[PDB]
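Notes to accompany the following structure.
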Amino acid sequence: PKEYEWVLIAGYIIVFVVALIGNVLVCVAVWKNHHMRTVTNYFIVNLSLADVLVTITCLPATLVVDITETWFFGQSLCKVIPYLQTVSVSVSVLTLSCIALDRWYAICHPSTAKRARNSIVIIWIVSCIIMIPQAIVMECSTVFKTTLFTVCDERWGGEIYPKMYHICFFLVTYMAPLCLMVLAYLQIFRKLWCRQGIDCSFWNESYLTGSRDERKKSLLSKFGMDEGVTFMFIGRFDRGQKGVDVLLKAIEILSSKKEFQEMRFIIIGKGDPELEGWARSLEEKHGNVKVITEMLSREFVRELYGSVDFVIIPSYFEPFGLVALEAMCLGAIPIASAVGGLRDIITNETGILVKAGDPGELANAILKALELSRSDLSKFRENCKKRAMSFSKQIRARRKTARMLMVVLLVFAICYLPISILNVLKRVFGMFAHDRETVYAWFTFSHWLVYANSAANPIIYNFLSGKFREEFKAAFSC
Ligand SMILES: Cc1ccc(-n2nccn2)c(C(=O)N2CCN(c3nc4cc(Cl)ccc4o3)CC[C@H]2C)c1
């Protein structure tokens, strides 16, 4: 014995050094730089600690056993080292699960460091408890006389128990949390990439020409309106969704007031023929109200956002205030409902918030926007622009971290698939009961791969995380 031995020793050494240095540097990076202190990164630290554990205590023993096919260490270590192995695996899996859970909770339904600490502690306790059977079953057996060798292996009192235990181990440490994390991360993907975001390259002021005053003058001239504060609605005509009913009702409330003559309204969209007719009746009734049911290009809408004073977003429900972001990027000030999404983007410095379906509150907000429009609104518009850009920035960042995490999950799944399938085939379906060197080679490789995962994570952080890469950079600077 044996071929593939030098590549096994070499690979184990490489993995050992890279995993040790790498995960230690991960922990150092998070601990010494405060901007690194996020829930995700605390969890990541936990992961690296588990990896360091299994790297120090299990990897060498595994190399020796896979090389010699014997157990030189004691009975105690024959209990301990497999126990530490399984515990490390459990900690890793549950840590990934808590990461995915955290991201899902923060992204799909918009988590403190204390909560995260509790999560960590729980993870380690659960992991240590559920892996007690592993420690119980492991036994040393003497095989033969001139010599004798001892091997360390699971001792079962039947054929059913190992099958059940390894089914359970496969489900708990691999299959179920993997499935759950996949579901969570695909929902997260759909949320962050497909439903969130904004064409920042299109929705910016650079494409418009002339001052805002000139554009507004052109706007009102084109619409056949006198000068005055201009409000804009763009959503669909629904009852209980985009809230054009709230706006129409509030317009009726305002129409009796003397301030109404100072206001201008641009209501755009299709939908309920009753609401469309209501809009058209209000349009025919008042000269300072214009209704557009026809389809408008993005360029025209962009010009609108860059010309009007305020944009009214009276939604009952708005998970993604993309209209708000588009308008704010072009200097339009939002008067929106305090529903989650608009509630997220807009603050009291970057717009006006109102109760979702209260026409009185909306009319009051419109009046307030008028009195506010009696003076310079520059600072306000700039605040809106910078808030929108900041929000978009945050979305892109969340995309980066989420992609990194997904990649880690994938690499984990890949790294643990072979040993999983092998264990299930051997222990549950009783295969490999008959050419042994091939099976043994597959097993040695699978073991090495499992340990290779631990070295895989930190370099993943290096290539897919700017902050981690920068701290790694600072570390290796001699
Ligand atoms: C070496 C190694 C690495 C990873 C493994 N893995 N499978 C699934 C997840 N991870 C296994 C493995 O097949 N396990 C883990 C616990 N077991 C185990 N035997 C070990 C022997 C040595 Cl020298 C060191 C650690 C040992 O862990 C026996 C039961 C069995 C289920 C073994």
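The first residue of the sequence shown is numbered 1, and numbering continues consecutively from there. Remember, it's 1-based here, ligands and their atoms both numbered in the order they're listed. Values reported hereafter were calculated over all heavy atoms of this structure, with side chains retained and with hydrogens, waters and symmetry mates removed.
- Modeled at ligand 1 is a drug that PDB records call suvorexant.
- In this entry, more contacts with suvorexant come from one chain than from any other, and the PDB entry calls that chain Human Orexin receptor type 2 fusion protein to P. abysii Glycogen Synthase.
- Binding site of suvorexant at 4.0 Å (heavy atoms): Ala61, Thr62, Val65, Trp71, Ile81, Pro82, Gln85, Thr86, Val89, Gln134, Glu154, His166, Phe169, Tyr416, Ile419, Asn423, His447, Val450, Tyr451.
- Under a 4.0 Å criterion applied to the non-hydrogen atoms of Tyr451, suvorexant contributes the atoms 1 (C).
- Under a 4.0 Å criterion applied to the non-hydrogen atoms of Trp71, suvorexant contributes the atoms 23 (Cl).
- Close approach to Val65 involves these atoms of suvorexant, each under 4.0 Å from a residue heavy atom: 23 (Cl).
- The nearest protein atom to atom 24 (C) of suvorexant, hydrogens excluded, is given as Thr62 OG1, 3.2 Å; this is a heavy-atom distance.
- Listed by atom number, the atoms of suvorexant under 4.0 Å from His166 heavy atoms are 31 (C).
- In terms of N/O distances under 3.5 Å, suvorexant is approached by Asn423.
- If you check which protein heavy atom lies closest to atom 16 (C) of suvorexant, you get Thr86 CG2, 3.5 Å.
- Protein heavy atom in closest approach to atom 29 (C) of suvorexant: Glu154 OE2, 3.3 Å.
- Here the protein heavy atom with the shortest distance to atom 4 (C) of suvorexant is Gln85 NE2, 3.3 Å.
- Taking a heavy-atom distance under 4.0 Å from suvorexant as the test, the passing transmembrane segments of chain A, by UniProt's count from the N terminus, are 2, 3, 4, 5, 6, 7.
- Annotation: atom 2 (C) of suvorexant to nearest protein heavy atom, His447 CD2, 3.7 Å.
- The protein heavy-atom contact nearest to atom 26 (C) of suvorexant is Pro82 CA, 3.8 Å.
- Between suvorexant and the UniProt suvorexant-binding residues of chain A, heavy-atom distances under 4.0 Å are seen for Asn423.
- In terms of protein heavy atoms, atom 11 (C) of suvorexant is closest to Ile419 CG1, 4.3 Å.
- For atom 21 (C) of suvorexant, the protein comes within 4.0 Å by no heavy atom at all.
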